[PDB]
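Section: structure with vortioxetine.
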Amino acid sequence: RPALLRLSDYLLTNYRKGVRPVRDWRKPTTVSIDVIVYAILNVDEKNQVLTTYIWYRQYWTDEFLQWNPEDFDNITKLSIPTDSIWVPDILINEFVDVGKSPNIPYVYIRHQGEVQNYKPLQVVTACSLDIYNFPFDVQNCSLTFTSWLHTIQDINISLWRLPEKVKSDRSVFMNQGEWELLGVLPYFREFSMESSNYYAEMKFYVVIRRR
Amino acid sequence: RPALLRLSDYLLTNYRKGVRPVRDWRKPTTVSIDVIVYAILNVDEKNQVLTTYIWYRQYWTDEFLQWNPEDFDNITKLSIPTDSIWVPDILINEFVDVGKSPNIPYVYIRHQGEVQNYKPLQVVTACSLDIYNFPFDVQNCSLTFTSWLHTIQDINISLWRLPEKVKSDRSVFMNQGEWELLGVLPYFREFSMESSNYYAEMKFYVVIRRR
Amino acid sequence: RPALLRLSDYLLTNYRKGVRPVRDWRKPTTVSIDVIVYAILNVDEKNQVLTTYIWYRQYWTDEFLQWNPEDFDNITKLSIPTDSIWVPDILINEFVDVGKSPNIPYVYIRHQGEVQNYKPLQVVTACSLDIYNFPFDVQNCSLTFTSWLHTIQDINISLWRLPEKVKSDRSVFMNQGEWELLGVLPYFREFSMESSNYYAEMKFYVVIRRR
Amino acid sequence: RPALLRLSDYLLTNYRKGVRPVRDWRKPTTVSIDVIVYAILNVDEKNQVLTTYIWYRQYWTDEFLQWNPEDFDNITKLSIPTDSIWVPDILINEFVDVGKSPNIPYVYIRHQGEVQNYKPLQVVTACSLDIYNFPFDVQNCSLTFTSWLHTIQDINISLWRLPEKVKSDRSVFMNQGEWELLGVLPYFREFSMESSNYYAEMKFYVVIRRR
Amino acid sequence: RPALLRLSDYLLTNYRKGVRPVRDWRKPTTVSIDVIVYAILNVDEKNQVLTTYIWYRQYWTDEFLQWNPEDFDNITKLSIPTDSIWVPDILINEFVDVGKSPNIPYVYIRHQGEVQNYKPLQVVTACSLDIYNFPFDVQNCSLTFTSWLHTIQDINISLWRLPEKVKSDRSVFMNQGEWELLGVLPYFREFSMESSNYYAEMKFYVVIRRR
Ligand SMILES: *[C@@H]1O[C@H](CO)[C@@H](O[C@@H]2O[C@H](CO)[C@@H](O)[C@H](O)[C@H]2NC(C)=O)[C@H](O)[C@H]1NC(C)=O
Ligand SMILES: *[C@@H]1O[C@H](CO)[C@@H](O[C@@H]2O[C@H](CO)[C@@H](O)[C@H](O)[C@H]2NC(C)=O)[C@H](O)[C@H]1NC(C)=O
Ligand SMILES: *[C@@H]1O[C@H](CO)[C@@H](O[C@@H]2O[C@H](CO)[C@@H](O)[C@H](O)[C@H]2NC(C)=O)[C@H](O)[C@H]1NC(C)=O
Ligand SMILES: *[C@@H]1O[C@H](CO)[C@@H](O[C@@H]2O[C@H](CO)[C@@H](O)[C@H](O)[C@H]2NC(C)=O)[C@H](O)[C@H]1NC(C)=O
Ligand SMILES: *[C@@H]1O[C@H](CO)[C@@H](O[C@@H]2O[C@H](CO)[C@@H](O)[C@H](O)[C@H]2NC(C)=O)[C@H](O)[C@H]1NC(C)=O
Ligand SMILES: *[C@@H]1O[C@H](CO)[C@@H](O[C@@H]2O[C@H](CO)[C@@H](O)[C@H](O)[C@H]2NC(C)=O)[C@H](O)[C@H]1NC(C)=O
Ligand SMILES: *[C@@H]1O[C@H](CO)[C@@H](O[C@@H]2O[C@H](CO)[C@@H](O)[C@H](O)[C@H]2NC(C)=O)[C@H](O)[C@H]1NC(C)=O
Ligand SMILES: *[C@@H]1O[C@H](CO)[C@@H](O[C@@H]2O[C@H](CO)[C@@H](O)[C@H](O)[C@H]2NC(C)=O)[C@H](O)[C@H]1NC(C)=O
Ligand SMILES: *[C@@H]1O[C@H](CO)[C@@H](O[C@@H]2O[C@H](CO)[C@@H](O)[C@H](O)[C@H]2NC(C)=O)[C@H](O)[C@H]1NC(C)=O
Ligand SMILES: *[C@@H]1O[C@H](CO)[C@@H](O[C@@H]2O[C@H](CO)[C@@H](O)[C@H](O)[C@H]2NC(C)=O)[C@H](O)[C@H]1NC(C)=O
Ligand SMILES: Cc1ccc(Sc2ccccc2N2CCNCC2)c(C)c1
Ligand SMILES: Cc1ccc(Sc2ccccc2N2CCNCC2)c(C)c1
Ligand SMILES: Cc1ccc(Sc2ccccc2N2CCNCC2)c(C)c1
Ligand SMILES: Cc1ccc(Sc2ccccc2N2CCNCC2)c(C)c1
Ligand SMILES: Cc1ccc(Sc2ccccc2N2CCNCC2)c(C)c1
Ligand SMILES: *[C@@H]1O[C@H](CO)[C@@H](O)[C@H](O)[C@H]1NC(C)=O
Ligand SMILES: *[C@@H]1O[C@H](CO)[C@@H](O)[C@H](O)[C@H]1NC(C)=O
Ligand SMILES: *[C@@H]1O[C@H](CO)[C@@H](O)[C@H](O)[C@H]1NC(C)=O
Ligand SMILES: *[C@@H]1O[C@H](CO)[C@@H](O)[C@H](O)[C@H]1NC(C)=O
Ligand SMILES: *[C@@H]1O[C@H](CO)[C@@H](O)[C@H](O)[C@H]1NC(C)=O
């Protein structure tokens with residue numbers, strides 16, 4: 001048997017996707033996320049919505065999906081379908097349409113249990129857009145990523161990279177459109193409405209000025 | 001075996017989603033629902049429809065999905081996929097398009113059998129919108145949630161929170177659009193057209209005035 | 001074991017959805033349908049199409065899905081997923097878009113074998129719409145429901161209610177739009193193009209006048 | 001056991017849908033197709049596309065799905081789900097959008113192995129549309145049906161009816177729109193770009209003149 | 001048993017789609033791709049996007065899906081569903097909408113392990129489109145195909161045909177629209193942002209001038 005088949009069987013023959021992947025339920029499943037803005041397709045002042053094509057990547061630890069490489073021909077990482085494992089319900093609020101985003105089939109996994117998921121997002125978000133300074137307008141829209149259902153005690157959200165590095169990330173931006181990206185400011189806040197439930201969310205402020 | 005895996009197996013290995021989850025068929029499955037209006041994307045007087053992005057949550061009791069925590073490492077609640085259990089067919093009438101709403105994978109469950117489902121709704125509804133007072137127009141549109149098929153003897157709908165608390169809920173509303181939310185008035189009515197079938201529905205009146 | 005679980009197992013453990021549910025293949029599967037017009041969202045004279053939100057219900061007999069209540073705690077009816085049983089391919093011709101209609105998960109079943117399916121339809125249909133009498137225009141569009149594939153010898157279509165009762169049904173119509181419903185006239189005709197195939201269809205004429 | 005259940009089991013318990021249904025791989029799977037134009041919803045000169053609602057039917061031979069009627073209560077034909085058998089990948093080129101077409105669940109089968117599939121098509125096609133003779137314009141758009149992947153040695157396309165009968169078929173056309181159908185001219189051609197691959201396609205020229 | 005059934009069983013009874021199909025994980029899975037532009041449906045200068053209907057074909061080697069023909073009635077190639085095997089996640093960046101593309105069910109396979117996949121693409125891409133020379137405008141938009149997740153060490157992209165042959169390929173182009181195709185220039189580049197990850201992508205520049 002090839003090493004990849006042996007590893008895939010050893011991992012997925014005694015694993016189910018319904019549960020949260022932690023040996024002890026008392027610890028939360030920390031999730032690290034990163035956001036890169038690839039392009040700004042449209043900014044609609046009439047409907048007060050804008051469309052952003054952002055490259056979204058996140059990683060977390062699956063305490064069940066771990067192995068010793070030396071028993072599997074020194075395989076340090078491998079790719080398996082995303083639908084065959086647990087995936088956090090980290091969803092972006094303020095959204096109005098996300099069907100344009102295709103579902104990426106595969107995700108990378110490492111022998112430590114770390115799971116890496118790279119996916120695109122064609123999300124269109126609703127935010128306040130004033131046209132007061134139309135000729136030299138500058139807008140401030142926010143993207144907030146949160147565990148839609150799980151509380152902070154179950155899922156927590158952190159940053160993959162340092163805040164300053166992602167704040168001035170224009171490496172892959174399409175810098176030929178009507179809008180110019182000035183920065184992507186992250187922000188962490190604990191969101192709570194009930195007297196006992198606290199939810200963790202990460203706000204990304206996309207700052208753009210017209211040209 | 002970890003406690004979560006043992007509990008998930010003990011629950012879902014002797015459970016099927018086709019049936020209504022009640023030990024005795026003679027009792028109805030009471031469902032408690034709540035509605036929070038997150039934003040009002042569009043109000044179309046031409047087509048007599050308006051779009052509301054509302055945060056919808058509901059809970060009910062699954063008399064099969066109950067356990068004693070002390071036998072499962074004091075696990076009081078856990079999350080499992082929504083497609084692995086019975087879910088009431090509580091659908092909103094007056095609707096014209098609901099495909100924009102994504103399907104939330106997971107739902108929370110407690111050892112008492114209570115099931116909590118949090119989902120978003122991008123429903124666009126058809127209702128009478130007069131433009132008689134255009135400059136200072138005030139509109140009155142209604143959202144009615146009902147068990148589409150099940151009668152009152154099978155599914156009944158109630159309110160999660162007290163009517164007054166939800167009537168003046170502007171905690172998460174996007175209060176920067178063209179429309180301002182004045183209140184969300186609930187109302188319970190037994191709907192019957194045949195001589196023997198009674199259906200329970202809950203009407204939510206979204207009161208909005210232009211600005 | 002609870003009665004519902006026992007009944008569901010007894011029914012679906014020896015049943016498959018591919019076949020037409022009849023003990024003898026020589027008899028047709030009579031289907032009774034009813035149509036209620038809930039609203040008329042749009043009437044497009046430019047594209048010669050109109051959109052109707054109609055509440056559609058139908059029932060038929062599954063000769064396999066029958067039981068004696070006294071052996072199942074006097075259960076006279078129960079609900080199971082619609083995808084777990086055979087469903088007739090009764091489709092509406094003249095259609096141009098039906099994706100807006102959501103798929104109802106559950107259907108009601110009775111111990112006699114009768115299956116009741118209640119579903120909504122957001123169908124937009126193409127029909128001749130003249131604007132000759134624009135100010136006082138009256139239109140005559142038709143909805144025809146037919147077994148798309150099965151012939152009359154396999155599937156036949158009938159009326160749930162008497163023709164006169166459905167002809168003057170304005171009980172749930174949204175009587176506040178630009179159009180007023182005058183009647184819904186049914187009509188049964190055997191449709192045949194080949195020399196040996198006869199298909200049964202039921203035409204519903206929606207009569208509307210502007211206001 | 002009822003005859004239908006016995007036949008369905010005998011057929012589908014030793015059958016899989018992945019393969020091409022032929023006892024000997026050396027023979028092609030001849031497919032006969034027919035096209036009936038039900039209506040012409042739109043003809044867009046701006047985008048150089050037109051929408052045609054055509055009734056599409058095809059049949060082919062499944063050498064595995066054959067039986068002797070006398071052993072199954074003289075059952076000469078039966079209907080089973082289309083997703084439970086092999087279906088040719090006969091797709092229409094020049095297309096721009098086909099999502100509007102619903103998926104028909106069932107297909108008819110005969111004891112000889114013949115499979116009959118009736119499905120609708122809401123295809124919108126891109127073709128050259130000149131507006132030179134606008135007031136009395138006549139257009140010539142083409143629909144070509146081909147085995148998208150399989151070569152002629154695997155799948156071949158033929159005509160269900162004689163070319164002249166389908167060429168003057170206006171039996172079910174909606175002859176009340178802006179366009180009038182003059183004919184549907186078929187044409188068979190072997191399409192080859194590589195030095196060894198030949199693909200069979202059938203071109204249907206829809207001839208229409210404005211009125 | 002027919003040869004096709006025996007071969008399909010022998011192949012798919014000891015094969016799973018999750019893993020990358022290579023006997024040794026240390027070697028990359030080279031993928032050869034080709035692009036043919038069938039038509040240019042729309043070029044939107046307002047939204048800075050254009051729609052291209054391109055015929056996309058690719059092939060790769062599955063080291064598990066190989067056999068000796070002489071043991072299977074000299075079967076040199078056969079077709080099986082695309083969802084039953086591993087398929088590379090070769091996705092086109094700069095995209096804005098790909099849902100219009102239908103999913104081709106079957107793919108061709110040869111006894112050497114080679115897998116051939118032919119699929120259409122209705123991708124709409126975002127690229128800089130200047131209207132400076134409107135009357136005689138010439139545009140330069142790019143399509144880049146990359147392994148979205150897998151690095152170069154896992155998936156690599158090459159050209160099926162020689163660069164010059166694909167650069168002047170107008171064999172199946174719809175040369176009757178507003179735009180004329182001047183060439184499709186390929187280009188290979190190793191894309192890397194992290195200090196250790198290198199991804200292989202192939203850029204196709206579609207050169208078009210108005211007429
Ligand atoms: C959830 O994650 C956030 C972000 O990683 C945590 O907030 C940080 O916690 C560390 C350690 O307590 C502090 O040094 C930082 O100042 C906090 N803020 C940020 C922005 O890093 C938070 O403590 C985590 N909570 C739980 C329950 O895991
Ligand atoms: C866009 O909005 C964000 C959030 O309100 C602004 O970020 C804050 O700016 C204030 C300015 O005094 C700082 O004190 C905060 O520390 C910032 N917060 C974060 C998380 O960075 C941002 O400045 C706004 N941009 C523009 C151009 O107005
Ligand atoms: C279905 O639920 C509704 C709402 O919970 C019930 O209506 C209430 O019933 C209680 C007790 O009978 C009354 O005190 C309230 O005044 C009723 N109205 C409201 C708005 O709470 C109804 O009785 C339930 N019916 C069934 C069959 O369960
Ligand atoms: C919007 O419509 C609702 C329902 O018709 C109104 O709510 C009712 O208002 C009347 C006013 O006399 C009260 O007597 C009822 O008790 C109310 N019913 C409920 C369930 O609250 C509401 O007032 C309307 N709003 C506006 C601004 O006209
Ligand atoms: C298919 O159903 C239709 C409608 O139920 C049948 O047509 C009726 O048949 C009865 C009895 O023969 C007549 O009394 C009615 O006048 C017919 N028309 C209507 C509108 O009810 C038809 O006979 C059925 N055919 C088959 C083969 O079952
Ligand atoms: C709309 O069209 C239907 C069908 O053509 C009309 O219904 C027929 O009307 C004629 C009038 O003489 C009657 O003789 C038929 O018996 C009717 N058929 C049915 C099935 O009811 C209807 O009258 C038309 N409505 C309008 C307003 O013109
Ligand atoms: C594929 O099918 C086409 C159409 O049925 C075949 O073309 C016909 O072949 C017959 C017999 O050779 C001729 O008499 C006709 O003149 C041909 N044309 C038409 C329009 O019928 C073709 O031979 C078939 N090829 C294969 C390999 O099966
Ligand atoms: C539409 O185009 C088709 C295909 O080019 C035409 O059909 C051909 O017409 C020529 C006229 O001399 C004949 O010689 C061919 O035999 C026809 N081919 C087929 C397959 O029928 C058709 O005439 C065109 N229609 C119009 C109105 O121009
Ligand atoms: C990935 O594939 C590309 C293209 O096939 C390779 O690049 C070529 O490599 C060959 C041999 O090293 C050179 O002769 C060519 O000049 C290269 N460029 C092109 C455009 O062909 C690349 O080496 C491959 N890399 C890996 C790791 O497999
Ligand atoms: C469109 O853009 C491509 C890429 O920038 C151009 O292709 C390059 O053109 C330069 C011209 O000096 C050559 O030196 C490069 O070798 C070309 N690269 C490739 C990969 O072919 C192309 O010329 C542009 N077309 C137009 C009309 O401007
Ligand atoms: C009173 C109150 C309680 C809770 C909430 S929150 C919420 C409500 C419904 C559906 C989903 C949510 N969310 C939970 C955490 N993830 C984001 C959405 C509110 C608004 C009021
Ligand atoms: C005469 C009559 C009987 C019943 C109804 S109701 C209905 C009809 C068709 C499809 C669905 C329904 N519903 C049932 C309960 N849930 C909401 C929809 C009518 C209108 C007339
Ligand atoms: C000559 C001829 C034969 C049959 C028909 S019918 C048809 C054709 C193709 C696809 C579907 C159908 N239908 C069958 C019954 N259900 C409605 C649609 C025609 C038009 C001509
Ligand atoms: C050089 C060359 C070779 C083959 C083709 S064909 C093609 C190409 C890609 C994807 C699909 C196809 N098709 C095959 C048969 N069915 C219709 C589409 C071309 C254009 C050039
Ligand atoms: C700092 C940095 C690191 C990696 C990338 S890449 C990327 C990021 C998120 C999601 C997907 C990707 N991709 C990987 C390879 N395939 C194309 C997309 C960037 C932009 C910055
Ligand atoms: C795996 O790695 C260890 C440490 O580098 C080495 O000793 C061993 O030979 C390797 N085994 C294989 C099969 O590569
Ligand atoms: C569970 O809770 C009970 C009561 O608080 C306690 O006695 C017991 O030790 C707990 N068990 C575990 C495993 O935490
Ligand atoms: C079922 O109904 C019959 C007739 O009414 C009655 O005699 C019997 O006791 C009932 N059984 C149960 C369990 O309700
Ligand atoms: C089947 O048909 C044959 C020939 O017509 C006849 O002899 C036989 O009795 C039939 N059997 C049944 C069960 O109808
Ligand atoms: C397969 O091909 C070989 C070589 O051409 C030939 O000897 C053999 O007879 C063939 N077998 C069949 C079954 O065609």
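Below, chain A is the first sequence line, B the second, and so on; all start at residue 1. Per deposition record, electron microscopy, 3.3 Å. Scope of the values below: all heavy atoms of this structure, side chains included, with no hydrogens, waters or symmetry mates. We count ligands from 1, going down the list as the structure has it; atoms in each ligand are counted the same way.
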Location of vortioxetine
ligands 11, 12, 13, 14 and 15
Identify the macromolecule bound to vortioxetine (ligand 11) in this structure with the most contacts, using its name in the PDB entry.
5-hydroxytryptamine receptor 3A
Heavy-atom contacts under 4.0 Å with vortioxetine (ligand 11), by chain
A, B
Let me know which other ligands or ions come in under 4.0 Å from vortioxetine (ligand 11), please.
none
Identify the binding-site residues of vortioxetine (ligand 11) at 4.0 Å, heavy atoms only.
A/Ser147, A/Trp148, A/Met193, A/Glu194, A/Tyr199, B/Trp55, B/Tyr56, B/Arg57, B/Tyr118, B/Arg161
